[PDB]
Amino acid sequence: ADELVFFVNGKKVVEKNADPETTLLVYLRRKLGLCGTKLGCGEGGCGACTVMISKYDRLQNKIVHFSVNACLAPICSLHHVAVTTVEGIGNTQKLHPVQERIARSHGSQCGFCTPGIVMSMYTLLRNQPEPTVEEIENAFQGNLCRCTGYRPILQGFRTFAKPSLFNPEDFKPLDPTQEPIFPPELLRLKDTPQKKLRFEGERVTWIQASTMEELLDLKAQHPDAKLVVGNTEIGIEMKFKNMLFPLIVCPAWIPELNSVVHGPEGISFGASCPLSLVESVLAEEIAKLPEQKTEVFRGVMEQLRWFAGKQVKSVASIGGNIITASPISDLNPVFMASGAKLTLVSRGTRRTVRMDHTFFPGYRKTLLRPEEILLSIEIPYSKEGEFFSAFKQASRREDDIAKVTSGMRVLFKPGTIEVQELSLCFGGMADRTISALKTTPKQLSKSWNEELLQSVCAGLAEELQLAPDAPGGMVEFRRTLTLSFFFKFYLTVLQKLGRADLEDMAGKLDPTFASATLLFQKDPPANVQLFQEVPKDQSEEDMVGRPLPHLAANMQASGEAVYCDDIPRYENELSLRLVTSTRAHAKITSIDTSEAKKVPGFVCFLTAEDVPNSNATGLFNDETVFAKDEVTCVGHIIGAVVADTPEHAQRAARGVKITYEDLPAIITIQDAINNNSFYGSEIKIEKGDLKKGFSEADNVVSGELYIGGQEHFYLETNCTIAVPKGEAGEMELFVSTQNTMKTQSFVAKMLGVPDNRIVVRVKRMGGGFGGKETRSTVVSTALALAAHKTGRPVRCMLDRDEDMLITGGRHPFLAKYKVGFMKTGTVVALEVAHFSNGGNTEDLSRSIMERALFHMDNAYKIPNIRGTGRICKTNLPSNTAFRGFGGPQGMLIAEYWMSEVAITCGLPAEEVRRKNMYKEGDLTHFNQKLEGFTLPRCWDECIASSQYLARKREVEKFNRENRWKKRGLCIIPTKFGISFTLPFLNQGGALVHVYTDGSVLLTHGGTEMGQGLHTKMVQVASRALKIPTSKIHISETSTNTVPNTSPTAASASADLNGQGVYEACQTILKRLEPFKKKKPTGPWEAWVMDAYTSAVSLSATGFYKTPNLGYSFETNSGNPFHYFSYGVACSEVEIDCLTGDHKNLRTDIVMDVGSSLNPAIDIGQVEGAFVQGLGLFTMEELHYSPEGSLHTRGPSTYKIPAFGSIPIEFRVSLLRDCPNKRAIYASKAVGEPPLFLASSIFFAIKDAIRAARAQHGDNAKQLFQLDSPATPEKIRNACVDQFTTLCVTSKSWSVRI
Ligand SMILES: Cc1cc2nc3c(=O)[nH]c(=O)nc-3n(C[C@H](O)[C@H](O)[C@H](O)COP(=O)(O)OP(=O)(O)OC[C@H]3O[C@@H](n4cnc5c(N)ncnc54)[C@H](O)[C@@H]3O)c2cc1C
Ligand SMILES: O=C(O)c1ccccc1O
Ligand code: FES
Ligand code: FES
Ligand SMILES: [Ca+2]
């Protein structure tokens, strides 16, 4: 047959013309309008698209449930399966416990990921009714969240396993019986033998083989037939490497390729077995068999522990991992280094082989003949006197690509410690999986002793050398790892020999080298949130200062909250796709649409010619809407393809051929300095006398810190929907932005119509953090022009690779400091020269650099200081705002030389800091008096509650007992100024309406992206009008209701809008008091009607502007801030000196948010900001080619904090009794300040690294270089030792920007 049949949320679905290229994600959103399931990457790493799927296991005669990635599952593979999505488990009317909990525990912010996480937890509970705290966490390996900081999510879900922010005592019980039945129709079908299905598509044919005979026969007749199972590999090739296999064939049904046979030599799994099957089956073996027969099994298991996540492993097969033949495969190494027996069948033919250097001929190739297919794999039992180990190291533990992976085996002569057989296989060292065929033989018969260790290391170092210009980069780090892995193996093997009586022969192991053999250990979380209780009085209706859940939590948790792309398409609507340059600075000589036009559905290709009025946009008018004559960065927008479906828009854009003539490019900060290529003159602040200050300097340190950039990674990429009104140049735009005003102004200026005609509407954003403060417009305008030219509605949702490439991000920094200080610690002179890489457009760069300079002093009084800034005009995607807006960069530099001051002085950091810290009443370097100073209490409470001193000791102790595992514990302070650097942007407006039924419709200039701004504004209004929040509502933000609004940024949004909403509300109360006075206790509904029937207006606007702001650089005077945010973080880490990986063991925060408008919201903002910082300083790295082209374009190569990447012990506390009167209800901004506190982790790692360096004889300087981010690479290399030494022996892949 050719009719695809399956279920979704219970309802049957029959598809008569299924296209192999159609993914369950597209079929759910665009063919069933089920939009709970989101699209965050289409790469497989965020899990926003997670959905459960069920089916009847023919074999086990049972129904099974497992999660999967909708973005990668081809529907042509879902025949006779039951899909379940977030919508299918609950609604706001009837929330499923999973949804209720995540929502109430505050686990949802922007909400764009809650459906996926909800589904992972849901799927778990369907498999394990009462999971363990550990099982719960493993559920989220394939799920990423950028707003929550993961604490709440897990704390909330904890309740399912084994004052206050919420109450699990109120959570509704779970009832497994009340879950969606399993489609009886599907059980009726399990009675008739499945047959072969064929699905013809627009350009791809898919055959679903049902029997081995069919499969081999098909391969025989058409060897070209591409096999597909989980598609987790092929899916990526088609989607990202622009591949197209016209003839697929899925054999997932065939029994043979699914059997698990227990043989004498070991367990044989069919080539199609899901990695989750292998995982579960082996896990049972290593639990009932002698530890001596499960060495290899446990090796595989260790790899799978960090192999994608639940979603991928549920469909990814073993055979797929084998045949993919990826040099970075984490299983081929283990399979080769253990001689796995692979069977290979073909119609008529049948052979068998063992994995070895011969199996992987060249790049991604194997022994298999074009017509053969991998039948099965036998994972061998470990023989007595045989030991195995598996290693893997990347940039992040959870779901990542290995930099180096390895499988190591050793077989000793019976009863001895003499090497009978030794295999060492690696991944990430060549264009394939290799073995140390040379090094290992020269080790036969030798004994497991220190001499062999030296023999191998020297051998590996020689045999596995890398070309400095080798692909991937990080040459040193990788080499070190091959050696560091073997070292762990050597130390491990010893322990195993000792644990066999031959202890005496191999020799006891140093009790400080033991930890170096340990496998990664979990250790249960322990969080503690602390905030103030609202006065004993405060009526229960006054929610200001109460932990009120984000108003949209339930909706976000249920998939009903709507996001731009969720809005349905007009039958009308067209799709748009941007066309960017592939040259950093060329001259466009010719554009060719010839091919684009052949694409079915092609409407047109917009260029600079098609712009009605002006082609000059951007916050400083130095940018083009569409490149004209020359491109000035890779990812520069040249045009826009317009077609019906997004699929055709893309294929068409690919048909737009361009020709260039390159020009001198200015890629790096250096390139810029050498070319005097900047954005304006240099900014400078200076107080005191430098020469004089340096003269009195006992010490004087110089240095250069470099801070990497950072991609915002809002789960919801950029999206705009433009609907043309047909008359007067009227246009409504549904946009994911934090800046309606400029989105509007840019579309107006671009079209040639007044702002009169343009309306921009923002309901909510799935995260923004400054990335949508002005860069969204680059998409907005393109669509506006598509609408204005077709008359039809046009829409554009950017894919991740396009968003990351195009939208820019945080500013990379280069500091050149020279601090002068006394032996006492006291600093007396500072001089920093910052250099930010601005990019293609000025944008907000120069204002970011002004913020940096404003915080180069972090928390310290420095009598003689002078900082300067220069913004580099480079041929790269222009960079913008990012939570912190230059503040972190400027503070990381400050805390860097500060740390080196402590070291050089030999004094304890805490003391060096407390000494130089500001005092209540001091002026800053820009002369702003610091009144209501509160940092000291944050400091004294943090040391006290985090029990610093005592733990400082426990850390030293741990270090004395551990050689290849060191711990750090650093306490950092921060000072963040609140207000826009541009004074007039400090204004907010609101519009309130009270209808005759009493209900109130409120709106303000600020947008919503996860911060819970509306929730707060609602709480403000509710307290202002003295009526329950239940009667108030905010539906969206738009230029209709409130005009000329500042972008939602600078943490000020709740300060500005909250003040506006307040005034508006006071106007209403004014009007209403005459009626109130008459009937004092009469209901609110009553006063409203009276006012109405008395012709009294029940609608008013509210406005506010921050007073007394205004700073002059020319005279270094005038306060540029309304007030200051204050806080202290105390983090503890524990690095693995042998790999670079580490783990944040504990953090303690004490933040000053004045009288919090909403404790729960703020604490969630503190945790979230922090985790964003922790990623900026230790995980997130962007790599650009030498030619200025970005390489890291998806979560696969950009690793943002994951679930397990957060302080195992997260403690947050809000400073008590610290009312900030001058702000809405004595509160304080809280969105950005908390982010730099993640520094404490950076410098705790600094310590742990120094402690390791201190036990290595060779001095080689004590004040080493540790640039940001402190990735595994930077950390390992910094731990110079016998291994970093024996392996350090242009044309490189990347380059420092
Ligand atoms: C987010 C994410 C994270 C990942 N993490 C990791 C990781 O940590 N380590 C790692 O190694 N991989 C990882 N992978 C890669 C991938 O999941 C594996 O390579 C997977 O095991 C491939 O299996 P599949 O069934 O999905 O293959 P498919 O994509 O269906 O097929 C892959 C290739 O195998 C061939 N093939 C499949 N079965 C057979 C057979 N029986 N006989 C002959 N040829 C066959 C096909 O022709 C095709 O070329 C990740 C992928 C994603 C998307
Ligand atoms: O001044 C700004 O424009 C600004 C923007 C985002 C965040 C903080 C800021 O000061
Ligand atoms: S979209 Fe499918 S994993 Fe992120
Ligand atoms: S709350 Fe999850 S991506 Fe924002
Ligand atoms: Ca810029």
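Heads up, chain A uses the PDB entry numbers, so what you see runs 3-164, 192-1318, 1324-1331. We count ligands from 1, going down the list as the structure has it; atoms in each ligand are counted the same way. Scope of the values below: all heavy atoms of this structure, side chains included, with no hydrogens, waters or symmetry mates. Quick check of the header: X-ray crystallography, 2.6 Å.
The chief contact partner of ligand 2 in this model is named by the PDB entry as Xanthine dehydrogenase/oxidase.
At ligand 2 one finds the drug salicylic acid. The residue-level binding site of salicylic acid (heavy-atom cut-off 4.0 Å) is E802, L873, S876, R880, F914, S1008, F1009, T1010, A1078, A1079, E1261.
Protein heavy atom at the shortest distance from atom 6 (C) of salicylic acid is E802 OE1, 3.3 Å. Those atoms of salicylic acid with a heavy atom of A1078 less than 4.0 angstrom away are 6 (C).
Of all the atoms in salicylic acid, the ones that sit under 4.0 Å from a non-hydrogen atom of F1009 are 1 (O), 2 (C), 3 (O), 4 (C), 10 (O). Counting only non-hydrogen atoms, the residues of chain A annotated by UniProt as substrate-binding that lie closer than 4.0 Å to salicylic acid amount to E802, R880, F914, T1010. Polar contact check, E1261 against salicylic acid: no nitrogen or oxygen pair lies under 3.5 Å apart. Near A1079, meaning under 4.0 Å from any of its heavy atoms, are these atoms of salicylic acid: 6 (C), 7 (C), 8 (C), 9 (C).
For atom 10 (O) of salicylic acid, the closest heavy atom belonging to the protein is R880 NE, 3.5 Å. Between salicylic acid and the UniProt [2Fe-2S] cluster-binding residues of chain A, heavy-atom distances under 4.0 Å are seen for none.
In this structure, the protein non-hydrogen atom closest to atom 9 (C) of salicylic acid is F914 CD2, 3.4 Å.
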